[PDB]
Structures are given as structure tokens and as C-alpha cells.
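Quick look: bifonazole on Cytochrome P450 2B4.
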Amino acid sequence: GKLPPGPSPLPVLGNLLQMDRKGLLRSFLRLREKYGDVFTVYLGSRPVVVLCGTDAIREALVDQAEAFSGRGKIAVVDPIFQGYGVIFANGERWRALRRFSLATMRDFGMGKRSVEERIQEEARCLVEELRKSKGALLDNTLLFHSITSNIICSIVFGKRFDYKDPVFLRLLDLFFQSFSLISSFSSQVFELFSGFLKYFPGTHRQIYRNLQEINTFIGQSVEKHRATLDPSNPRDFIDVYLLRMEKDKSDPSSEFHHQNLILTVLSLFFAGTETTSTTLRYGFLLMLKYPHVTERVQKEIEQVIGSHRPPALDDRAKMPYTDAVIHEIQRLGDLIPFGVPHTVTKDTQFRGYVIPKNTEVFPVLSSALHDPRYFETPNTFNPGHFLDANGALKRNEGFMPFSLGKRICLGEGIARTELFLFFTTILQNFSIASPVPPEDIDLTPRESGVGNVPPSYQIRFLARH
Ligand code: HEM
Ligand SMILES: OC[C@H]1O[C@@H](O[C@H]2[C@H](O)[C@@H](O)[C@H](OCCCCCC3CCCCC3)O[C@@H]2CO)[C@H](O)[C@@H](O)[C@@H]1O
Ligand SMILES: OC[C@H]1O[C@H](O[C@H]2[C@H](O)[C@@H](O)[C@H](OCCCCCC3CCCCC3)O[C@@H]2CO)[C@H](O)[C@@H](O)[C@@H]1O
Ligand SMILES: OC[C@H]1O[C@H](O[C@H]2[C@H](O)[C@@H](O)[C@H](OCCCCCC3CCCCC3)O[C@@H]2CO)[C@H](O)[C@@H](O)[C@@H]1O
Ligand SMILES: OC[C@H]1O[C@H](O[C@H]2[C@H](O)[C@@H](O)[C@H](OCCCCCC3CCCCC3)O[C@@H]2CO)[C@H](O)[C@@H](O)[C@@H]1O
Ligand SMILES: c1ccc(-c2ccc([C@@H](c3ccccc3)n3ccnc3)cc2)cc1
Ligand SMILES: c1ccc(-c2ccc([C@H](c3ccccc3)n3ccnc3)cc2)cc1
Ligand SMILES: c1ccc(-c2ccc([C@H](c3ccccc3)n3ccnc3)cc2)cc1
């Protein structure tokens, strides 16, 4: 009849500066061990419910799907205004964002050319590019960001970029390069007081460069498309925009808004490719640790796909072992350990407790991905987790990398497709190696960030013959 049990928000002088997973995990584990699978922790004076393990998470996201279908909130984590929710002042801006997001999402699933085909084309170009390395040790970060990003570029501009095209490299840099922001508590307060909120990284110097060349490219590309536009046959998304602009008679202010909102949406699409990239990077790090598994996968590729044709999405149905391996990669990859926050849409009764309407809830996906109740070896790579006695693919309750229920990842489809095609196409044409012996491969993620990302590592792709 009350909120789940948990620690008190007090004392206030109890260091409101929690900043690190190595210590947040320690705290998380302690709380779960003491209060159970469902507890409440406070962010400032804000109650946040935490769900642990496969059972609790599915009972909420699935069994009471509607109740737990509310969107999470963006809360201040700093000691000042700690816990306060932050929102856009104009509710319409938000609704417009959701609208364009969905519309654009629908448009990308259209066209004569399928996404699978573009991913195959990209996989082909990746193979060729890797060959040029003649097996030298390299950091696959740039190329893995490149292959997922190029799919969006292909869809938008009509064709992919060459990996070394300056515009493309500046684009990858704009979205994924880390930059340093220098400021004091006082200077940040002063900015807000002056009416400015600069949240994203990049000083004039840093970003003005990339951005300037990028805009020029977009400008002229929109120009070329317009000069050769065929209303009967839209080639790509730029055409779709030009056509869906016919009779868009609106003042400069409103025109600006429509245009910039599209760019903002495309930006989110680009950022989203990072989850797939990271999963691929984690996957290959894992393959380095298990050379024999990698070989089995290559063997299955040989049996089903052969070596005279590129892998196709429908080949996955006949490749249970590789499928199982990819599942393990996502499971152990554990990209979003804490899950994405939700809110209950009404006072909700859950396992004897009452979660007030609008309360934030975190389904800790990591605690499910490593659930000893459903995975025989929760902390060890094991394809058996998804295979029956006859080696056929089988599902596992603990597997929920894309989350579950009504808010399940809208991109799970394209992500799975890219994972499969990139993973199999690469291993079909290459074997991999590292100075670091298998038994010494460390799967520990970077200490920074909210998600799990493999730290930089060296790997070599040996062309097969
Ligand atoms: C291996 C890759 C990916 C993983 C593991 C993943 C994971 C997730 C997870 C766990 C959520 C939160 C679900 C919840 O609220 O409970 C989420 C949401 C979402 N993802 Fe992904 N994602 C991936 C790829 C993608 C891609 C490629 C896109 C974009 C095209 C994308 C778009 C979204 C969107 C729009 C949502 C919010 C959905 C909603 O609340 O209704 N994701 N994703
Ligand atoms: O004085 C106005 C100047 O406008 C420049 O930019 C044009 C561009 O040529 C024209 O393409 C643009 O509309 C399209 C760009 C807006 C974003 C469209 C998005 C579509 C999806 C992919 C990302 C871009 O409108 C701009 C004007 O509002 C023109 O280049 C100049 O020639 C013209 O003199
Ligand atoms: O509130 C009183 C307690 O404060 C400290 O414990 C804190 C820890 O310092 C603090 O690190 C911990 O943080 C818990 C919240 C973060 C982990 C739980 C979830 C947060 C949201 C994302 C998913 C995980 O909360 C504990 C309980 O509040 C002190 O260490 C305790 O001695 C004291 O009893
Ligand atoms: O249509 C108005 C909507 O208002 C609320 O939605 C919130 C959303 O829950 C809330 O997530 C959203 O936040 C705005 C986007 C997140 C902040 C982004 C900025 C954070 C600081 C750095 C710059 C970016 O604001 C919306 C209101 O403007 C209500 O919850 C919705 O039910 C209602 O539909
Ligand atoms: O037609 C209504 C649709 O509602 C949901 O789709 C939502 C998704 O639930 C919802 O996640 C999505 O949000 C679009 C904005 C994405 C987040 C943007 C923020 C990211 C973090 C920084 C601030 C901005 O908008 C979609 C389209 O409205 C349902 O999931 C869909 O099934 C349903 O078709
Ligand atoms: C209740 C109590 C505490 C928290 C909490 C929220 C965030 C963090 C902390 C964090 C650190 C590492 C992984 C995930 C989150 N953080 C700080 C800035 N951005 C993320 C630590 C704790 C959330 C709810
Ligand atoms: C293909 C399609 C779009 C883009 C693109 C390029 C730059 C931006 C640009 C941006 C600027 C800085 C960081 C991220 C994106 N933006 C965002 C909102 N309005 C402008 C957005 C999108 C790049 C390639
Ligand atoms: C339109 C298109 C895409 C999105 C979008 C929404 C959320 C994210 C968000 C994400 C945010 C930043 C980097 C990588 C991913 N995410 C995480 C898991 N699944 C998605 C990325 C993109 C929003 C609107």
C-alpha cells in the first residue's frame, strides 16, 4: 500500500555526487541484496522505482504493459536542482518532434531499394576497405561507426559515401568525436542567467569547421536533387522532402522550424547508429576471446551461405548457431545496463506496493541479461543459452536487450539486420587476431558513461582464401 522499500533520501549532506558505475554497481548490488528485486531510491527528493531481474521486469513491462507504458523523465542529476524534471516550455515543439520522428521513420522503410540491399552493399564496401589494411592491427571504431552511418546517408542522399570522403569523415566527427568543455560551476550558472543553454560539446573552432563543410554539401545536394527531381520517381529522402514541400507556403520563421526539425531528427538517427556500432565492436572483442566459436560460425557460414555469394537476411533462419552467438553478444554486450526510464500511467499495484501515477521506473535490463534464474552461465559467453538439445534456436526469458512491452525499441529491426549482415559478411571474408591471447582478453567496459562501451582495442582482419 506504499512505495517499494528502500533507503531514505536523507541525510542531505550525504554526498549528492554519485558519479561512476564501478561504485554505482556496488551500491546497486547492496540495495538489491537488502531490499529485494523491487526497491525505491531517491534522486533528490524524487522517488524512483527500480526493477531487478527477469521476473519483476516482465511482470511490469509485459503483465501490466499499459500501466508501465509511460515515457521517462529527464531529471537534473547535479546537487543543485537535484531531481528536478526539465521539459520544453512549448508542448507543441515536443509533439511536432514525435510526429516528424515517426513520419521520417516510416519514410525510411519505403523506396524501391530495400534497406537489406543497402546494408549488403555497405558490407561489400567494408570488406574491400579492410583488405587494403593487409591485416595490420587497427582500431575498428571509425569503420564500425562508418558502416552504420552510411546506411542513413545512402537513404538520405541516394548513395553511400566512400570511407575517406572528407564530408563523410567530418560528419562522423560531428556526431561521434569527443570534445572537451571547460567551465566552472559559476560560469555555467552565469550562462543560464544570461538566457543561454549550451548542452552539446563543441566550441566555435572545434565544430564550425566540420559543420561548415557539411552544410555546404547538404545545400548543393539539395540543389542537384531539385534540378533533376522527378515527382513520379522520388530517388531518396531529399526528394521526399522536396515533394512534401510543394505548397509548404509558410513564413520564414515557420519554414525555419520545419527544416531545422528535420535536421534535428536526422541527427537523432545518426546518434542511434552508435548502439549498433558498439554492439559490433563488443561482438568482435568477444570473438577474439573465443577463436573456436568464431570458427564454428565461419563453418556455419560455409555450410549455409558458401563463399561465392554475400550473406542475406533470410540465411539467418538456417544459421541457429550464429544466431545464438549474436544473442550472446547483445546479452553480454549489455549496452544499456540500467534500462531506459519509464513512468506509470496511473497509481499502480505491483508486488504488494503502490507506485503513484507518474512515478519514474527503471527496468534494470542488465539484471535480466545476467539473470542466474534464466541463464545457466549468466557471466560467461554461452550460445547454449539459446539452443535446444538438437542445436536449434530457442528463446530465453532473460533476453531483452531492446527492452519489452509497449515502449520496446523502435529500431530493433534494423539493428538486428545490420548485426547479422555485418557480422556474417565480415567473418565470411576474414579471420581475426590480436596480440592479446584469448585467455587474456578483457571484456570490461570503459569506466565512463552511463552505458557499456568496450574500451579501444587492437584487432586485425586476415583476408581469407
Ligand atoms: C543494438 C542496438 C539497439 C539496442 C540494444 C537498443 C535498445 C533500446 C532500448 C533498451 C530502448 C528503451 C526501451 C524502453 O523504453 O523500455 C530503446 C528505445 C528506442 N530505440 Fe533503440 N536500441 C538499439 C537500436 C536502435 C536504433 C538503430 C534506433 C534508431 C533507428 C533506435 C531507436 C529507438 C527509439 C526511437 C526508442 C524509443 C521507443 C519508445 O519509447 O517507444 N534504437 N532502444
Ligand atoms: O537567399 C536564400 C538562399 O537560400 C539558400 O539555401 C536554400 C537551399 O538551396 C534550399 O535547398 C533550402 O531548402 C532545403 C534545405 C533545408 C533542409 C532540407 C533537408 C531535407 C532532408 C535532408 C537534410 C536537409 O532552402 C534554402 C533557402 O531557404 C540558397 O542556396 C541560395 O541560393 C539562396 O539565395
Ligand atoms: O540515504 C542514506 C545512505 O546514503 C548513502 O548510501 C547511498 C549511496 O551513497 C548512493 O551511491 C546510493 O545510490 C543509489 C542510487 C543509484 C543506484 C540505483 C539505481 C539508480 C538509477 C539507475 C538504476 C540504478 O544510494 C545509497 C542510499 O541512499 C550512505 O553510504 C549510507 O550509509 C546511508 O545510509
Ligand atoms: O504535449 C505536451 C506534453 O508535455 C509533457 O511532455 C514532456 C515530456 O515528458 C518531456 O520529456 C519533454 O522534455 C523536452 C525534451 C527534453 C529536454 C531536452 C533539453 C534538455 C537540456 C539540454 C537541451 C535539450 O517535454 C514535454 C513537454 O514539453 C507531458 O508529459 C505530455 O503528456 C504532453 O503531451
Ligand atoms: O502512432 C503513435 C506511436 O507512438 C509510439 O511511437 C513513439 C515512440 O514511443 C516515441 O519514443 C517517439 O519519440 C520520438 C522522440 C524520440 C526521443 C527524442 C529525445 C531523445 C533524448 C534527447 C531529447 C530528445 O515517437 C514515436 C512516434 O510518436 C508507439 O511506440 C508507436 O507504436 C505508435 O505508432
Ligand atoms: C536515483 C538516485 C541516483 C540516480 C543516479 C542517476 C545518475 C547517476 C550517474 C550515472 C553514472 C554511471 C552510470 C549511470 C548513471 N550519472 C550522472 C550523470 N549522468 C549519469 C547516478 C545515480 C538515479 C536515481
Ligand atoms: C545527413 C543528414 C543530416 C545531417 C545533419 C548534419 C548536421 C546537422 C546539425 C548538427 C549540428 C551539430 C551537431 C549535430 C547536428 N543540425 C542539427 C539540427 N540542425 C542542424 C543535422 C543533420 C548530416 C547528414
Ligand atoms: C528519430 C530517430 C531516432 C531517435 C532516437 C531515439 C533514441 C536514441 C537512443 C540513443 C541516443 C544516443 C546514442 C545512441 C542511441 N537510443 C538508445 C537505444 N535506442 C535508441 C537514438 C535515436 C529519435 C527520433
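So for chain A, numbering is the PDB entry's, and the shown residues are 28-492, in order. Counting convention: from 1, in listed order, for ligands and their atoms alike. Excluded from the calculations below are hydrogen atoms, water molecules and symmetry mates; all remaining heavy atoms, backbone and side chain alike, are included.
All copies of bifonazole taken together correspond to ligands 6, 7 and 8.
For bifonazole (ligand 6), the heavy-atom contacts closer than 4.0 Å come from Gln45, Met46, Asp47, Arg48, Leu51, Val68, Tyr69, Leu70, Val104, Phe365, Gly476, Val477. Within a heavy-atom distance under 4.0 Å, bifonazole (ligand 6) reaches no UniProt heme-binding residue of chain A. Near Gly476, meaning under 4.0 Å from one of its heavy atoms, bifonazole (ligand 6) places the atoms 12 (C), 13 (C). The closest protein non-hydrogen atom to atom 19 (N) of bifonazole (ligand 6) is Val477 CG2, 4.1 Å.
Counting protein heavy atoms only, atom 16 (N) of bifonazole (ligand 6) is closest to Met46 CE, 3.6 Å. Within the listing of bifonazole (ligand 6), atoms 1 (C) sit less than 4.0 angstrom from a heavy atom of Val68.
For atom 5 (C) of bifonazole (ligand 6), the nearest non-hydrogen atom of the protein is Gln45 OE1, 4.2 Å. The ligand atoms of bifonazole (ligand 6) that sit less than 4.0 angstrom from a heavy atom of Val104 are 17 (C), 18 (C). The protein atom (non-hydrogen) at minimum distance from atom 11 (C) of bifonazole (ligand 6) is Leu51 CD1, 3.7 Å. Neighbours of bifonazole (ligand 6) among the ligands and ions, at a cut-off of 4.0 Å: ligand 3 (5-cyclohexyl-1-pentyl-beta-D-maltoside). Close approach of bifonazole (ligand 6) to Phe365 (heavy-atom distance below 4.0 Å) involves ligand atoms 13 (C), 14 (C). Taking every heavy atom of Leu70 and a limit of under 4.0 angstrom, the matching atoms of bifonazole (ligand 6) come to 1 (C), 24 (C). Residue contact check: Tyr69 has heavy atoms under 4.0 Å from atoms 1 (C), 2 (C) of bifonazole (ligand 6). At the shortest separation from atom 12 (C) of bifonazole (ligand 6) among protein heavy atoms lies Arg48 CG, 3.3 Å.
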